[PDB]
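Pleiotropic ABC efflux transporter of multiple drugs CDR1, liganded with fluconazole.
If you read the sequence from its start, that first residue is 1, and numbering goes on from there. As the structure lists them, so they are numbered: ligands from 1, and atoms in each ligand from 1. FYI, side chains are in, hydrogens and waters are out, and symmetry mates aren't considered; it's all heavy atoms of this structure. So this one's electron microscopy, 3.3 Å, going by the header.
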Amino acid sequence: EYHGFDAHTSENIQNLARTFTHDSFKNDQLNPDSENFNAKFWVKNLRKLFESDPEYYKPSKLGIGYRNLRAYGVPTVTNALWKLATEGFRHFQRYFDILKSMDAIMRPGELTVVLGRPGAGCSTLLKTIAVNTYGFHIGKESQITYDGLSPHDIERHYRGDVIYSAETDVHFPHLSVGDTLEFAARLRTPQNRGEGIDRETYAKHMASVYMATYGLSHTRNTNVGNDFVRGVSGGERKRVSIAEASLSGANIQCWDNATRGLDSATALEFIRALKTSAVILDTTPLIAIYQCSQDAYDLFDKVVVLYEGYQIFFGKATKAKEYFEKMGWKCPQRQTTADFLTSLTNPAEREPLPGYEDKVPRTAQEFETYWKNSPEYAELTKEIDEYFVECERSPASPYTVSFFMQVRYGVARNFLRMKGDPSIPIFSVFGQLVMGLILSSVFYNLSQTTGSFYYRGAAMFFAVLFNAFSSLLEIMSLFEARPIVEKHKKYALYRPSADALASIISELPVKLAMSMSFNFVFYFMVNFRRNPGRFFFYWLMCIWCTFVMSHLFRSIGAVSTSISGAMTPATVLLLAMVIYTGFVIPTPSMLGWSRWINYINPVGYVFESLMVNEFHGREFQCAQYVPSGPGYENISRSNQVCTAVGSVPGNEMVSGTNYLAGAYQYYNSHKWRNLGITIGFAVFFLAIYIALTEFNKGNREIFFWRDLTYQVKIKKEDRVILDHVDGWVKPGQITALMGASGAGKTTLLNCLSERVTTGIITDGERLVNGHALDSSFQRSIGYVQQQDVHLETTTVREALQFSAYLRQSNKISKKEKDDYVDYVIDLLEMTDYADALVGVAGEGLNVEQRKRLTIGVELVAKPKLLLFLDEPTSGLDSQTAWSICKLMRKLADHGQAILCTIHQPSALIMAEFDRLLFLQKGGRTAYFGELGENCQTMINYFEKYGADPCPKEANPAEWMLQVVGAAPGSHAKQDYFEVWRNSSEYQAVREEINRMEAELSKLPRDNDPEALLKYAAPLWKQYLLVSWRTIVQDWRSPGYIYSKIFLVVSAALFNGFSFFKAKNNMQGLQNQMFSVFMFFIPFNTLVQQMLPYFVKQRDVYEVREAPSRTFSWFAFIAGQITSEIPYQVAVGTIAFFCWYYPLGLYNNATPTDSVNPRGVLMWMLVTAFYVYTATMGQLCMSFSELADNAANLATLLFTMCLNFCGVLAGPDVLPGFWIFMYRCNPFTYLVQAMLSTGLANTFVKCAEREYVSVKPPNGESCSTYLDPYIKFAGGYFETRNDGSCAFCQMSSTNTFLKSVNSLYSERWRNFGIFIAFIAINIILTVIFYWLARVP
Ligand SMILES: CCCCC/C=C/C/C=C/C/C=C/C/C=C/CCCC(=O)OC[C@H](COP(=O)(O)O[C@H]1[C@H](O)[C@H](O)[C@H](OP(=O)(O)O)[C@@H](OP(=O)(O)O)[C@@H]1O)OC(=O)CCCCCCCCCCCCCCCCC
Ligand SMILES: OC(Cn1cncn1)(Cn1cncn1)c1ccc(F)cc1F
């Protein structure tokens, strides 16, 4: 373990120094070989000497002195708009004091502790000391100095010497401790003149020395880890944070609750590390702690006590107790001094001494007045004034290395991070390769005739898209590494711009690999121009396109906070760019209001360049001459003409240049200009991204058990976890259950309540009044978990009412349930915040309120037998733990039987329990019985069986733990299990259990048939309640429904008004088909938005509501499925109204007088599409754990469905292999139904550019020459007054609809098929969730 720089640590440092000085080999106190060499002096000298000393003033230590310091500071979805308007009006155009006058001085090498109750201003004080005043202001009368410097000097020039870090250890999970510390050592090492010593080896030696100092040498080559990623222990992560902070050159270090959620054995090591840093490296550590042990308190040098923002004492930690006792306060026996000082601000505690009850401060003002009047304050003020006088009498860039060095080190660290977790690049490259192969399969081997003119247009449109979004997932790397970048900026290590540049540079190999793997396959599987130069130009254009898109995505993400948050507004922009690339709406078809968008579209130029490269200067063999068929068997080719935009009469080949000029209006003079435009766009977006990164940042029945033995299978070997345990509980008694780490107290608690998912019971038996456990036991107990798992939107009253309704017997009327909920609220003292939203931990109920709500949720269910509590007091400050203990005592007084597991309690807390069950290592009970007054009886047990007498001022818990040798460094005289087995107290317990079993059995039973039911409420009631709760939670979510509405409305309006009043020419029909195709894009964003709110509900249900048997899994999954339907239906209605009418599709129904039926069918189709989106998202999420994986799988399946939906290529051109994917596609039928409903049964009028000139034979007219063909195939013609006929190949939209395999007579059937698919999804969900999650 860590014992704070013992002799062997000095030996290790001496060996390291010997190795370092021998490596560079190729006074007495600094020679590792010479005797009388002290590691402390070597470590101190390493930082200053053995490196060049810049002429700039750089302090090696800091201390802060200040006087007169004062700091002060100033919903559903319907009302969200009103709240936003009010907030904006407030933005357009009293004082609540936090910290009152304070005076203090902290010198280097002294560890300081800020004591006080929560909300007393300790965190604010430590923020002020660390020049972190953001969010409030300090008074102008306050005199603050840092060894003669100024707060603004520290803020701007000397940033990084003073650091603040409170509760979150932000590290890279997959980076080893050695690498993490080497990075800081390298970045903090000055360069200047490196002659005489290598910088790399010096940094390595410094990192190794600091690892040795903080006892982290054994953690080298081990991943730092995280709460999710496994790595070093939680107590080692804190020491890693300390080592990194001290290695970067921080002198003043402020921590708030950095030890929160740590056991005493590890909090003590944290304080020991802080003390070691203070004494060896002359740092100034300040810590704000709420649960401090006596051993930890013995390490503090100075203490500052805060009472509602008033500093009531500052001085040596060994004199606070005497000062406050002289004030007239009595310290209760067996109370740690830290707890005494903290409780001296609690009216419930803080009992005055006898005779001092009349003259003692009672309010914060009186305490402050006493402190000011005391001689200690006078001495402190004199010392601070002298320090100020001494300081008065006697670097633009806080960073150390140059920008190039910062970029280089960032690139190296990013490469190391990729090496540690190489899953993402490999997955991205393989996905790109596979999806490019699949996409090229449909476009395989495009022919050389004009029949490919469309497909060659589509392929090049989908190549660019594939290159555009290939780097979309890299944005994730921005969000993961953001907190670490902010921390290292606050440490004055490197700038955010340097990290951005390093991130851009590091993924260039990945970008190149993806580009090669996709383009090389695609350009050749899809038959494009085979010229090597053409391929290389295409590759260059794709490379520049992907650079532009990557920079744009990075710019968008630099000002975001979440993937869905960035995708909601960015989806509209990306859809607009995709639409105006130049293929969906060719330039001739673009409207006047939107022709400007194409000018500022970075992808339109790429598409134009690629199309020019492929088509210009190319001749395509004609595939279909318009006059042909049975009536035209032998005619001259002079009369015929090709069916293409640029076709020339009498020509057997069509030139690519004419087709490009006519259809798209692309020209070869723009082939290279577009490259320059794209390069300029890339540079502009890169500059914007860097600028944003730099700037935009910042109970009659009795339950007992006998001989309970419990074993589990570990490494294919049986292990005994519980060894013949026995005991009981009785109404009105609290039975603490304690033991060592390996005592298995938690295992005993879980096994008693039947919450263990493994193991078997061998010898024991659990009884209720002597009767075995029936099926009604699980519903006759309450269980309060350590963690508080509640929905963030439900109110306290609603949270209690849900449980009361779903867990109480049905015969009880709703009024009785509400009355009991009110009674429980009154009992637990929640009337003040009965209607308050639970909210998140940071904003909402505090820890005590959340724990009270957790207890109440179980109480309202009316447990009849027992109330298990899993560590109720753990993870709470002394006062909140005291309050919870008093609440438990009150509950016991009311007739409840309580059995609680207790971990590391204080003497006062332990004195409140009625009975104790103490477990040794291996589940062996050492003591079971009443602990008497002040734990006296328990003390009277061990002392009477050969144990050292308990100290008069020691905590009984710690003493009894160390008597049995459980505590580290403690020696047990003998195993106390055998002592307990034959002690005349085990005999009493056995006799009592036997008497209870023999006697209580005679009592008449209370056999209630409803008790023997798995769930209290019927299935339909559970389903209805769960669905309504989910609907309300979605409605009250802050910005979810509005996000969906905004995304859908914007996308639908843009799509509708891009094709506003679309004309029915030959190109207009294709444009409208691709409009329908693009109507489905918001699928991915909707799924991503919706999944997290399913994650939250699933977590809440499975963690707590599943074992409690509140409702069945079916009522959960069906409720989740039903919750989303109404919102999707409303969204689909809005989208249909925003898209159908702007396109003017109703005009296609006027000729046949079928406006209403077709409109109704289209509305149903759109709403069904949205419902299908929701069902598919839920299906893909059912069997997966993480939401990101479910979203990715849904996107992949949607892409596969869209590829083979019949738009890009019909079944005739699709390879026979993929035909099944064309039939099993839910989207083929949807697209066919939509197209047939919106386009069928109307006329077609060709545009001027689409008419093909036909020269009739000499001595013939247009009609007499073209009528037989018109009878064969549709179309019409016009006379151009020149002798030629302008022919249009299509006269009715039915021809195009048949070309796309869409029929107007099969719309309804198609619709039905789509509905079937929706049904399937739902069914699959209800099955998959059972297979993957239900146990
Ligand atoms: C960290 C960032 C990393 C980014 C990656 C870095 C990338 C840097 C690359 C720098 C390389 C720059 C090369 C520029 C030199 C162009 C010289 C041709 C200029 C020209 O102009 O060549 C026109 C004809 C086609 O022209 P065309 O068929 O469309 O029409 C004309 C005819 O070519 C004809 O020649 C007559 O014109 P000229 O006599 O030439 O003036 C007239 O004929 P007609 O009008 O009567 O038909 C017409 O103008 O190019 C052709 O064939 C094919 C010729 C190769 C096309 C580009 C070269 C390939 C790129 C290099 C490598 C690709 C990426 C590199 C690796 C990627 C990742 C590692
Ligand atoms: O990524 C695609 C293009 N694509 C890639 N392989 C096959 N088609 C598919 N896609 C992704 N989500 C939905 N469809 C795309 C990207 C953006 C876009 F606007 C359309 C579009 F088809």
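Across the structure, fluconazole can be traced to ligand 2. Near fluconazole, meaning a heavy atom under 4.0 Å away, lie these transmembrane segments of chain A in UniProt's N-to-C numbering: 1, 2, 5, 8, 11. Lab note: per PDB, source of chain A = Candida albicans SC5314.
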